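The next PDB entry has darunavir among its components.
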Protein chains: 2
Amino acid sequence: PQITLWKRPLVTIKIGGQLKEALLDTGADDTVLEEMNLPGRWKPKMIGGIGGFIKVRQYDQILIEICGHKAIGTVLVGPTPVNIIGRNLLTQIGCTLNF
Amino acid sequence: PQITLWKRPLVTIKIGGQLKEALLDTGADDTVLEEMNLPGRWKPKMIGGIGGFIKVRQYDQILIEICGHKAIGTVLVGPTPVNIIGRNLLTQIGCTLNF
Ligand SMILES: CC(C)CN(C[C@@H](O)[C@H](Cc1ccccc1)NC(=O)O[C@H]1CO[C@H]2OCC[C@H]21)S(=O)(=O)c1ccc(N)cc1
């Protein structure tokens, strides 16, 4: 589809058998999701933006479905205020900026 | 143009007569630029990011050119890790997400 930017680009995603709302964020290098209890191994990581850094858990090869489009890659989990779909997965669903 | 997301969507902007690199950031409601001198009045404001809140100077009705496209709107200036172009300006240049 085509998503205008009048409002926040929030879409429904599916991860770990759960449905969530997430932001399609071209400004985010990597996907970061609100705290959740994913199974599997993970590695600690810190990501920075406006306001400083937060500590997150980096899971690899996580399957995410974004508006019916399937994607698999790195998913960070931590105390982010919003679920954020980053470029690492936006590329896998064929997402582009157009103006 | 059509911008893919394998790399950061960085573009050259023109503001206050100066050229700069900025990130097209669909996850940002507002436009936040690194420290710089801008003409015109400004009020103190606060914005929150993934890591907390920062102090910024709010400039209203600022002309800014993004890849040749002209926009006039609010520009926040403060200690952001990177110049980000938010939806308040992305809408003015007719920017959309497409997948
Ligand atoms: C600052 C950017 C270069 C990077 N950020 C993505 C960005 O889209 C955030 C993503 C974001 C969105 C909402 C809340 C927190 C973070 N938006 C943001 O900070 O916007 C602020 C300015 O306009 C306002 O609108 C939202 C917050 C304000 S980030 O959240 O810090 C981030 C950094 C690294 C990763 N892997 C994932 C996300």
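Each chain is given a letter, A onward, matching its sequence line's place in the list. Chain A is numbered as in the PDB entry, which gives 1-99 for the residues shown. Following the PDB entry, chain B shows residues 1-99, kept in their order. Atoms within a ligand are numbered from 1 in the order they appear, just like the ligands themselves.
- The name the PDB entry gives to the main binding partner of darunavir in this structure is Protease.
- Counting only non-hydrogen atoms, chains lying under 4.0 Å from darunavir: A, B.
- In terms of protein heavy-atom proximity, atom 6 (C) of darunavir is closest to A:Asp25 OD2, 3.0 Å.
- Of all protein heavy atoms, the one closest to atom 4 (C) of darunavir is A:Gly27 O, 3.4 Å.
- Distances from atom 33 (C) of darunavir to the heavy atoms of A:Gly78, A:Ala28, A:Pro81, A:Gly48 put A:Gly48 nearest.
- Atom 30 (O) of darunavir has B:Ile50 CB, 3.5 Å as its closest protein atom, hydrogens excluded (heavy atom only).
- In this structure, the protein non-hydrogen atom closest to atom 24 (C) of darunavir is B:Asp29 N, 3.5 Å.
- A heavy-atom separation below 4.0 Å is not found between B:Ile47 and darunavir.
- Annotation: atom 13 (C) of darunavir to nearest protein heavy atom, A:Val82 CG2, 3.9 Å.
- When hydrogens are left out, the protein atom nearest atom 35 (C) of darunavir is A:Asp30 O, 3.7 Å; that is the closest non-hydrogen contact.
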